[PDB]
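Quick look at a structure containing proflavine.
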Amino acid sequence: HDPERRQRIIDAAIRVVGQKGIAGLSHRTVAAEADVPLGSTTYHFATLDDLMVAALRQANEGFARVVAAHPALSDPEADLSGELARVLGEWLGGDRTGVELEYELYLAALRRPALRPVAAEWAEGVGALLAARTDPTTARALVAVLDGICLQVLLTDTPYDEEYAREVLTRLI
Amino acid sequence: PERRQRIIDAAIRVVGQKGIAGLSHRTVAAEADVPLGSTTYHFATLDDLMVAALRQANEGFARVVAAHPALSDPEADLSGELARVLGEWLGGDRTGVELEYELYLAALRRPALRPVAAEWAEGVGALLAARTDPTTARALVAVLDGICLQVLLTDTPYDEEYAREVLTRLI
Ligand SMILES: Nc1ccc2cc3ccc(N)cc3nc2c1
Ligand SMILES: Nc1ccc2cc3ccc(N)cc3nc2c1
Ligand code: NI
Ligand code: NI
């Protein structure tokens, strides 16, 4: 263990990615942005994948916090659809650097097998909140659809339509 | 007209093997055995290169709908029919599936590609939206992406009856 030097490094990885993107993520630049010695970076994350895996892992940590601040998601007395659409609305609107950053790391799992189990983590922990309410097959669905709705906004560059989102989300539950 | 195309076919090859990282104007010119930089005459920025590559790769899907008239048939189980064309694409060699996705998902942070990624989004829409309901039309594309990435990113097999269920719930 060496939490802080390690922790500073991860934060700088996230900072480097959001700024220059996955392409601008090397040990020298993380070392620089973290302002720690190059050897400390190669010591804690031998490979770049290790570093990305830890970064994404941390980005996921934040979704949980968001679910924690919005009790309606756990209140089996509230409209899951309308409530989810809303949270997404808030996440999507309000600095895409955080959004793009997290998504870039996540989508990176497509080619880098290392990131797949950490990608799967996100999903298994998100359907968790939906599976705790509805059945498991509807959870697996929601997590999937929900992803496609964000991607549809982030990729096509067409604004987020909360009502549409709530309707399509409703068709699954 | 045939040099632009040779440069394109090349980029699709570069990505299929080195991913988007390997696409470098010189990597393409090298792959298409064309004068270095000659690629710049047709595509100024790398962004232009990718937009053309994505626009050409994105056509695969239109073809498969053609070879499966059963999807244009208003009186046919779209869900199961779709769940099928999807299992075919996700079950045989992912290099095609991967390179197309990488280019498409690249839109994420390269505004250039947004319009292309959106083109294909309505194409697929109307190409099976006109089957009434505007909503179902745009939600179809999103549910497809989700169903796909859920496979491609977590490294868990494509469950067809599951896809069908989800699709059936949408339609
Ligand atoms: N790949 C994804 C998909 C959906 C997401 C929805 C979110 C909502 C709130 C938040 N704070 C972070 C989120 N991250 C996501 C990452
Ligand atoms: N972004 C996407 C989403 C779904 C897709 C489904 C497909 C099915 C057959 C095929 N030949 C190409 C496809 N491309 C896709 C690209
Ligand atoms: Ni070759
Ligand atoms: Ni077929």
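To find a chain's letter, count down the sequence lines: the first is A, the second B. Heads up, chain A uses the PDB entry numbers, so what you see runs 5-177. Using the numbering of the PDB entry, the residues shown for chain B are 7-177, in order. Note that these values count all heavy atoms, side chains included, but never hydrogens, waters or copies made by symmetry. Counting starts at 1 for both ligands and their atoms, in listed order.
- Across the structure, proflavine can be traced to ligands 1 and 2.
- Of the chains in this structure, the chief binding partner of proflavine (ligand 2) is, as the PDB entry puts it, EbrA repressor.
- At a heavy-atom cut-off of 4.0 Å, other chains contacting proflavine (ligand 2): B.
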